[PDB]
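Shown here: ganciclovir bound to Thymidine kinase.
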Amino acid sequence: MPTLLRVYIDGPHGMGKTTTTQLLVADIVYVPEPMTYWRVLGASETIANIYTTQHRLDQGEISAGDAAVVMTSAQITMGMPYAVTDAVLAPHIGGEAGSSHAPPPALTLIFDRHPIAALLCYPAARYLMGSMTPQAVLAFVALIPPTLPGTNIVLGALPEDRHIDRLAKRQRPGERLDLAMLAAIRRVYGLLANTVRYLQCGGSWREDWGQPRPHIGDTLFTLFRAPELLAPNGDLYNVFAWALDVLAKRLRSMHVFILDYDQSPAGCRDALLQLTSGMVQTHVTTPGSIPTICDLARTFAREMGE
Amino acid sequence: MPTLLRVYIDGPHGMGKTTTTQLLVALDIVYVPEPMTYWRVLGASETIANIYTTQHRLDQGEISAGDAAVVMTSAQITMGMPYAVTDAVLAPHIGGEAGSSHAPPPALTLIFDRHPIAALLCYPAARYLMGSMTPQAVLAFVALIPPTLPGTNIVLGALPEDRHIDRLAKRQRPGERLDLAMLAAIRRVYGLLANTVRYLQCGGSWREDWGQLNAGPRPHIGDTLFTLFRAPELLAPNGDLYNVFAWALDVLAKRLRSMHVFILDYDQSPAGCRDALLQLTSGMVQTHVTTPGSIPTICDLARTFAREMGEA
Ligand SMILES: Nc1nc2c(ncn2COC(CO)CO)c(=O)[nH]1
Ligand SMILES: Nc1nc2c(ncn2COC(CO)CO)c(=O)[nH]1
């Protein structure tokens, strides 16, 4: 059975993931950011609506409950392309193919972002701005797809000042340079990194909730000590406790790697290739699995990629 | 090797589903209620009053399509979370099919009030059909529909419209208001779901039948859920569904293909719907469980869900 290697380039925006990922491409397909869906197919300038609303909230022109609706709905438009792609690609994914110290894959897929970014990370960041309710965030987490084998997540490490410099240059249409959002999102990713490691080292959130591997205070679980989620006595409602169970299960089998972005696109692209050797690949489930994938990828890039 | 039996009583609101379910449980059996408490206090405040009010405002002409849709799609993610987690926490326990149609009796029977697709597809569609939501968003939800676990027996129910209406005109749901337009929309939507499931089981293909827009003969695609997704919005100038939307429909057929749909007529006495549903139950697929200790676990979380989100 042929082997596939999927790589999800993910992390906060404005670090040049794209600029480097293209330089890697132009055995390998690259699934681009679904801009056309965000700007036209799914709605109409979602990115702008998102940033405006936060801004209008940031100025008091509208309420935090009103901003919450709009913020939650948009996130539904922002993450769909990732959901369909994962639901359709899941049947073809077999099981771990003795990753590392193995052979070179028949096909490498570089996705631009994983469904958790739109389902977990950004909404988390949006709550942290007072635009999203923690209940709504937990609603998206409950809907997070089971973790297929070989999910390699590449997150980025960039110094603030440098991320503030690149960010400014690469502004999506309708996007405003919200530095707080920049800060909330990098925190979220930092914690996401810590969580997967906390989990992979045997961490039980339920055991530590009363507050080697990271300490729970340094994991996504910290944000769930929100007054809205607890009973009149502080007991986490079970509905939310269970969602957390799901979160914990989804993340621990994820394979995460770090790409130092503080460098030239050549450097970035070079490194990204390096990381590829420690990555987990998988056996396609069938002969026609490979070519079927290629077309999902190409048909995607072609229709949504902007 | 113990076996589990799961039954999801779905269908439109106002037919007497809760009662029959309550009755059936009174005759082991575990009942997973309607997380009403999550719907009006825990998850968001008085979500039902919102849904119904907002559609009303939309209808009266005090709200615009975008304004309402934005409000309706948030309300839906809220309404569905309980079912979503329940499914995900249940999931790791469900094992392979076992069978009931002339097979032994389960160790546990879970009667769930509704199924996730209620929140993630039927109602959303009805609202799209009401103009308070968009096909794209309905499709976004469809993409998030959890994978179907084996032995998912879905009981849908019937009642003539006229009796459905008087039945609705009576027992007042907190926050609801007799929106007859919605009632019919919801009935068509669950009608099509029955057909879709049957359409897909009779070998039918949507792509193969796109150009045309068992428990009886094979249904005309135009009688299945798919017929709802022929809206300009989802159309490429080439006349075909943009792939995005077309892949959403591929999942909708993967999800509904392995469900076991059963119809229970609610045009009868409560004791009878009970007995009637007690009958359908004889030939409902069973599943084994993965860890023997799944029975106690499944049993306790079913009770926890009830004590925290029920009745309200
Ligand atoms: N899912 C989600 N993504 C968001 C959001 N804000 C910003 N992004 C993603 O960043 C943009 C550019 O600002 C494209 O990379 C948001 O609220 N939700
Ligand atoms: N998810 C969702 N559920 C709805 C809606 N309208 C009604 N219900 C559910 O019916 C209520 C009372 O009418 C009890 O379940 C709606 O727009 N979305």
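Chain letters correspond, in order, to the sequence lines: A, then B, then on. Numbers in chain A track the PDB entry; the residues on display, in order, are 46-71, 77-261, 280-374. Going by the PDB entry, the residues shown for chain B are 46-72, 77-262, 277-375, listed in order. For ligands, and for the atoms within them, numbers begin at 1 and follow the listed sequence. Heavy-atom basis, side chains included; hydrogens, waters and symmetry copies ignored. Determination method: X-ray crystallography, 2.2 Å.
Taking 4.0 Å as the heavy-atom limit, the other chains contacting ganciclovir (ligand 2) are B. Checked by distance only, ganciclovir (ligand 2) and B:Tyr172 stay at 3.5 Å or farther apart across all their nitrogen or oxygen atoms. Nearby ligands and ions of ganciclovir (ligand 2), counting only those under 4.0 Å: none. Of the protein's non-hydrogen atoms, B:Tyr101 OH, 2.5 Å is the one closest to atom 13 (O) of ganciclovir (ligand 2). Using a 4.0 Å heavy-atom cutoff, B:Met231 is absent from the residues neighbouring ganciclovir (ligand 2).
Applying the 4.0 Å criterion to heavy atoms of B:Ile100 picks out, from ganciclovir (ligand 2), the atoms 16 (C), 17 (O), 18 (N). Of all the listed residues (B:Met182, B:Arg176, B:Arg222), B:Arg222 holds the heavy atom that lies closest to atom 12 (C) of ganciclovir (ligand 2).
Nearest to ganciclovir (ligand 2) among the UniProt active-site residues of chain B, at a heavy-atom distance rounded to 1 Å, is B:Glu83, 3 Å. Ranked by closest heavy atom to atom 18 (N) of ganciclovir (ligand 2), the top entry among B:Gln125, B:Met121, B:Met128 is B:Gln125. Scanning the protein for heavy atoms near atom 15 (O) of ganciclovir (ligand 2), the closest one is B:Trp88 CZ3, 3.2 Å.
Of the residues that UniProt lists as binding substrate in chain B, those with a heavy atom under 4.0 Å from ganciclovir (ligand 2) are: B:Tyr101, B:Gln125, B:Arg222.
When the UniProt ATP-binding residues of chain B are filtered for a heavy atom under 4.0 Å from ganciclovir (ligand 2), what remains is B:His58. Here the protein heavy atom with the shortest distance to atom 9 (C) of ganciclovir (ligand 2) is B:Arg163 NH1, 4.0 Å. Binding site of ganciclovir (ligand 2) at 4.0 Å, heavy atoms: B:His58, B:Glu83, B:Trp88, B:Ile100, B:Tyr101, B:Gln125, B:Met128, B:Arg163, B:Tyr172, B:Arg176, B:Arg222, B:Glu225.
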